[PDB]
Chemist: 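Let me give you the structure first, and then I'll get to my questions.
We count residues from 1, following the sequence as given. Worth knowing before you read on, the calculation uses all heavy atoms, side chains too, and leaves out hydrogens, waters and symmetry mates. Every number for a ligand or one of its atoms is a count from 1 in the order of the listing.
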Amino acid sequence: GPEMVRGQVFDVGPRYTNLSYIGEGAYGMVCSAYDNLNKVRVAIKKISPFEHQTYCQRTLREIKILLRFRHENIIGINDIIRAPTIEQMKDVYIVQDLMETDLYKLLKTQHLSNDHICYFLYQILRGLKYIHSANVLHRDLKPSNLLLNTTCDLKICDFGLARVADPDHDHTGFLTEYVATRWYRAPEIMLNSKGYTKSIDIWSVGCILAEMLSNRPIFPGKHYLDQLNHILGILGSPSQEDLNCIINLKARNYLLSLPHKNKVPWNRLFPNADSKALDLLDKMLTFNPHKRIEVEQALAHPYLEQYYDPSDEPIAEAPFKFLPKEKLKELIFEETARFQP
Ligand SMILES: Nc1nc2[nH]cnc2c(=S)[nH]1
């Protein structure tokens, strides 16, 4: 008989005992557990994707990307538990370092010092530099995907929605795309972008920085179509030059149809913020994604000078250079084989 949690099978033993329900995540039930080999408590995520192709896609991305990546600011996969055979495999359990909290939970009740904001931002960008160097876009950066342990080591998690960057095929039509989580979604997603360029991730980091400064999301759209209203309400009307970069007529004419809006100065929105932090914020939350600061520039920004050290900001050895659910299950089975005894 497998272990049960909340009346649901959570079959991780015998290596992992003393289970404690933590909650529900994007993939399902999450528990903590005692790792009897490493004598430490761990996090375990139960995934049940095999009945749906799209679930299999996300699960395969998550596993394949995290197994290849090795970086201090990216969550590792310590172990993967599943049945010994493909026909017996229904659930997959991903084992990771237990982390005290995440930035979403933290920002609910804790004010961050400028020193913490600086340190968190540095770690996010250090992790992102590695991700982008692997030719990968995370595409769902937000506070709840930033894990923190008791000593404020930050690790980026959930690569289920990630893609290989494809800037030459990024252009699309107006109001069609569905990339990232709404509050953290770049303006071009609603205008003319499929979210296949690294600048998508930098926008999200900008949103996260703003949220660290005030403990409130900076662009709280109430639904998909509301999000652009909030972004433009703060950035103001885009310039002629930036509009000229949008060739799509529906997108450009939508923007031209709007009354003028003034830029709201960052120092009025954040009167207690470090001036260097606001300068960097402005560069990450730049409307035109071609003008938007890139991850290596952001690391070199004066705000982060106490931490900046390119030789200690490693890149990926093996970038990613480039199906029915049954084939995906087979790939998930193969991808997880290394953890079997
Ligand atoms: N507490 C906690 N620790 C983790 N380690 C990897 N993911 C997690 C989650 S979702 N929660």
Chemist: At ligand 1, which drug or drug candidate appears?
Modeler: 6-thioguanine
Chemist: Find the chain in most contact with 6-thioguanine and give its name from the PDB entry.
Modeler: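 Chief contact partner: Mitogen-activated protein kinase 1.
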Chemist: Any idea which UniProt domain of chain A makes up most of the interface with 6-thioguanine?
Modeler: Protein kinase
Chemist: Would you say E100 has any N or O atom under 3.5 Å from an N or O of 6-thioguanine, going by distance alone?
Modeler: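 No, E100 has no N/O under 3.5 Å of an N/O on 6-thioguanine.
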Chemist: Give the single entry among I44, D97, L98, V30 that approaches atom 5 (N) of 6-thioguanine most closely by any heavy atom.
Modeler: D97
Chemist: Which residue supplies the protein heavy atom nearest to atom 9 (C) of 6-thioguanine, what is that atom called, and how far is it?
Modeler: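 Checking every protein heavy atom, the shortest distance to atom 9 (C) of 6-thioguanine gives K45 CE, 4.3 Å.
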Chemist: Mind pulling out the UniProt ATP-binding residues of chain A that sit under 4.0 Å from 6-thioguanine by heavy-atom distance?
Modeler: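 UniProt annotation plus heavy-atom distance gives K45.
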Chemist: I can't find it - what organism does the entry give for chain A?
Modeler: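 The organism in the entry is Rattus norvegicus.
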Chemist: Which active-site residue (per UniProt) in chain A approaches 6-thioguanine most closely, and what is the shortest heavy-atom distance, rounded to 1 Å?
Modeler: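 UniProt active site, heavy atoms, to 1 Å: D140, 13 Å.
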Chemist: Which covalent bond, if any, links 6-thioguanine to the chain, stated as residue and atom?
Modeler: none
Chemist: Using heavy-atom distances only, which candidate in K105, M99, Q96 approaches atom 6 (C) of 6-thioguanine most closely?
Modeler: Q96
Chemist: Looking only at protein heavy atoms, which one is nearest to atom 4 (C) of 6-thioguanine, and how far off is it?
Modeler: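 Here the nearest protein heavy atom works out to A43 CB, 3.4 Å.
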Chemist: Binding site of 6-thioguanine: which residues fall under 4.0 Å, heavy atoms only?
Modeler: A43, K45, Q96, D97, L98, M99, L147
